Colleague: 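PDB structure, Peroxisome proliferator-activated receptor gamma holding rosiglitazone.
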Amino acid sequence: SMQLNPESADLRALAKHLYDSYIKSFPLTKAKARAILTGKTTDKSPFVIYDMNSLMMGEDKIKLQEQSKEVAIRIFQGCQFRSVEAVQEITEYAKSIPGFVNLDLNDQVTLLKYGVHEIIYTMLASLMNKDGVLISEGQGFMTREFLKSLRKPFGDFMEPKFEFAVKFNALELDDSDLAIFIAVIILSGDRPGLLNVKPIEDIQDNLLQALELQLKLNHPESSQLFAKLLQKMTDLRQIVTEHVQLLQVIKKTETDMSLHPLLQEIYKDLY
Ligand SMILES: CN(CCOc1ccc(C[C@@H]2SC(=O)NC2=O)cc1)c1ccccn1
C-alpha cells in the first residue's frame with residue numbers, strides 16, 4: 001500500500017536525521033561491532049577474557065579499594081560504569097530526536113529515567129554474539145561462559161541479556177533500523193509521572209510510522225519484522241524488571257554492595 005508522497009519523503013528524512021545523530025552519539029555502532037566480532041575489521045583483535053587468568057591479563061592489556069574487591073564485584077562495577085557512560089550517550093541522542101528538547105524538561109528527564117535501561121540492553125545486543133560481549137569500546141571481549149562462572153549471586157546477571165540478544169540479533173537489524181527503534185522506546189507516553197502525554201504520543205506516532213516504512217524498505221525478506229519489534233519493546237521492559245529483582249536479591253545477601261549514585265537515582269521508582 002506504500003506510496004511516494006510528501007508524507008513518506010518526510011518519514012525518510014526523519015529516518016536519515018535519526019541515523020546521522022545516532023552515528024554522532026554512539027562511537028561503537030553495530031556495523032563496527034559486527035566487523036570486530038567477525039574479524040573482518042582491519043583493527044587489532046580485542047583482548048579476549050575467557051577465564052580468571054585472561055581477566056587479570058586483560059586488566060593490564062585493556063586501556064582506591066575497588067581493585068582490592070573480588071573479581072565478580074570488579075566486573076559488576078565495570079558494568080555499572082559502562083551504564084553511566086551509556087546514559088550520557090543516550091541523553092545526547094535523545095536531544096537530537098525532533099521535538100524532544102521542546103518537551104517539558106521534567107518529561108525529558110522522566111523519559112530518560114524509564115527508557116535508558118531498555119536502550120542499554122537493546123544496544124548491548126549489538127556488541128554480543130553467542131560466545132560473548134565486546135567491552136571497553138571494542139578493546140576487549142568477555143565470554144558468556146566466563147560471566148556464568150562468577151560466584152552466586154553474580155553468575156546469572158548477564159544470562160537474560162544474552163538470551164534476549166541471540167533472538168534480537170536473528171532479526172538482523174542495522175544501525176539505520178536501531179536509530180528509529182531506540183527513538184520510539186524513548187518517546188513512550190506511558191512512563192510514570194509525565195506531565196504532558198499527548199505531545200510525547202504525537203512524536204512516537206510519527207517515529208512508529210518512520211520505523212514501519214524503514215523496515216518495509218530495508219527488510220524485503222520479512223513482513224513480520226515491525227510486529228516482532230513491538231513485542232521486543234515489551235520484552236525489554238521485562239528484562240529491566242528482572243534486573244531490578246536481581247539487584248534486590250544481590251542487596252539482601254551482599255549488603256556491602258556499592259551502587260553508583262546516578263544509577264541509584266534512576267533505579268529509585270524503577271519496577
Ligand atoms: C559485561 N560487560 C559489558 C557491559 O555489560 C553490561 C551489563 C549490564 C549493564 C547494566 C548495569 S549493571 C546494573 O546493575 N545496572 C546497570 O545499569 C551494563 C553493561 C562488561 C564487563 C566488565 C566491564 C565492562 N563491561
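Sequential numbering from 1 along the given sequence is applied to the chain's residues. We count ligands from 1, going down the list as the structure has it; atoms in each ligand are counted the same way. For the numbers below, each heavy atom of this structure counts, side chains included, while hydrogens, waters and symmetry mates do not.
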Colleague: Classify the contact between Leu127 and rosiglitazone (ligand 1) as side chain, backbone, both or neither, using a heavy-atom distance cut-off of under 4.0 Å.
Modeller: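 Neither part.
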Colleague: Specify the protein heavy atom at minimum distance from atom 10 (C) of rosiglitazone (ligand 1): its residue, its atom name, and the distance to 0.1 Å.
Modeller: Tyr121 OH, 3.6 Å
Colleague: Report yes if some N/O of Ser83 lies less than 3.5 Å from some N/O of rosiglitazone (ligand 1); otherwise report no.
Modeller: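 For rosiglitazone (ligand 1), there is an N or O atom that lies under 3.5 Å from one belonging to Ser83.
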Colleague: Just to confirm my output: which protein heavy-atom neighbour is closest to atom 4 (C) of rosiglitazone (ligand 1), and how far is it?
Modeller: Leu124 CD1, 3.9 Å
Colleague: Nearest protein heavy-atom contact for atom 22 (C) of rosiglitazone (ligand 1): which residue, which atom, what distance?
Modeller: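 That would be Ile75 O, 3.9 Å.
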Colleague: When you look for heavy atoms under 4.0 Å from rosiglitazone (ligand 1), do you find them on the side chain of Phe81, its backbone, both, or neither?
Modeller: neither
Colleague: Which UniProt-annotated domain of chain A makes up the bulk of the interface with rosiglitazone (ligand 1)?
Modeller: NR LBD
Colleague: Looking at atom 8 (C) of rosiglitazone (ligand 1), what's its closest protein heavy atom, distance included?
Modeller: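 The answer is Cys79 CB, 3.9 Å.
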Colleague: Would you mind telling me if rosiglitazone (ligand 1) is within reach of the side chain of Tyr267, the backbone, both or neither, using heavy atoms under 4.0 Å?
Modeller: side chain
Colleague: Do any UniProt rosiglitazone-binding residues in chain A place a non-hydrogen atom less than 4.0 Å from rosiglitazone (ligand 1), and if so, which?
Modeller: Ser83, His117, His243, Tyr267
Colleague: What's the shortest distance from atom 3 (C) of rosiglitazone (ligand 1) to any protein heavy atom, and which residue and atom give it?
Modeller: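 Ranking protein heavy atoms by distance from atom 3 (C) of rosiglitazone (ligand 1), first comes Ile135 CG2, 3.6 Å.
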Colleague: Please list the nearest protein heavy atom to atom 7 (C) of rosiglitazone (ligand 1) with its residue and the distance rounded to 0.1 Å.
Modeller: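 Closest protein heavy atom to atom 7 (C) of rosiglitazone (ligand 1): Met158 SD, 3.4 Å.
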Colleague: I'd like to know if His260 contacts rosiglitazone (ligand 1), where contact means a heavy-atom distance under 4.0 Å to any ligand atom.
Modeller: no
Colleague: Could you tell me whether some N/O pair between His243 and rosiglitazone (ligand 1) is separated by less than 3.5 angstrom?
Modeller: yes
Colleague: Taking heavy atoms under 4.0 Å, what residues and nucleotides bind rosiglitazone (ligand 1)?
Modeller: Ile75, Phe76, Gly78, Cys79, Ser83, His117, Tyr121, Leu124, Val133, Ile135, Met142, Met158, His243, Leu247, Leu263, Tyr267
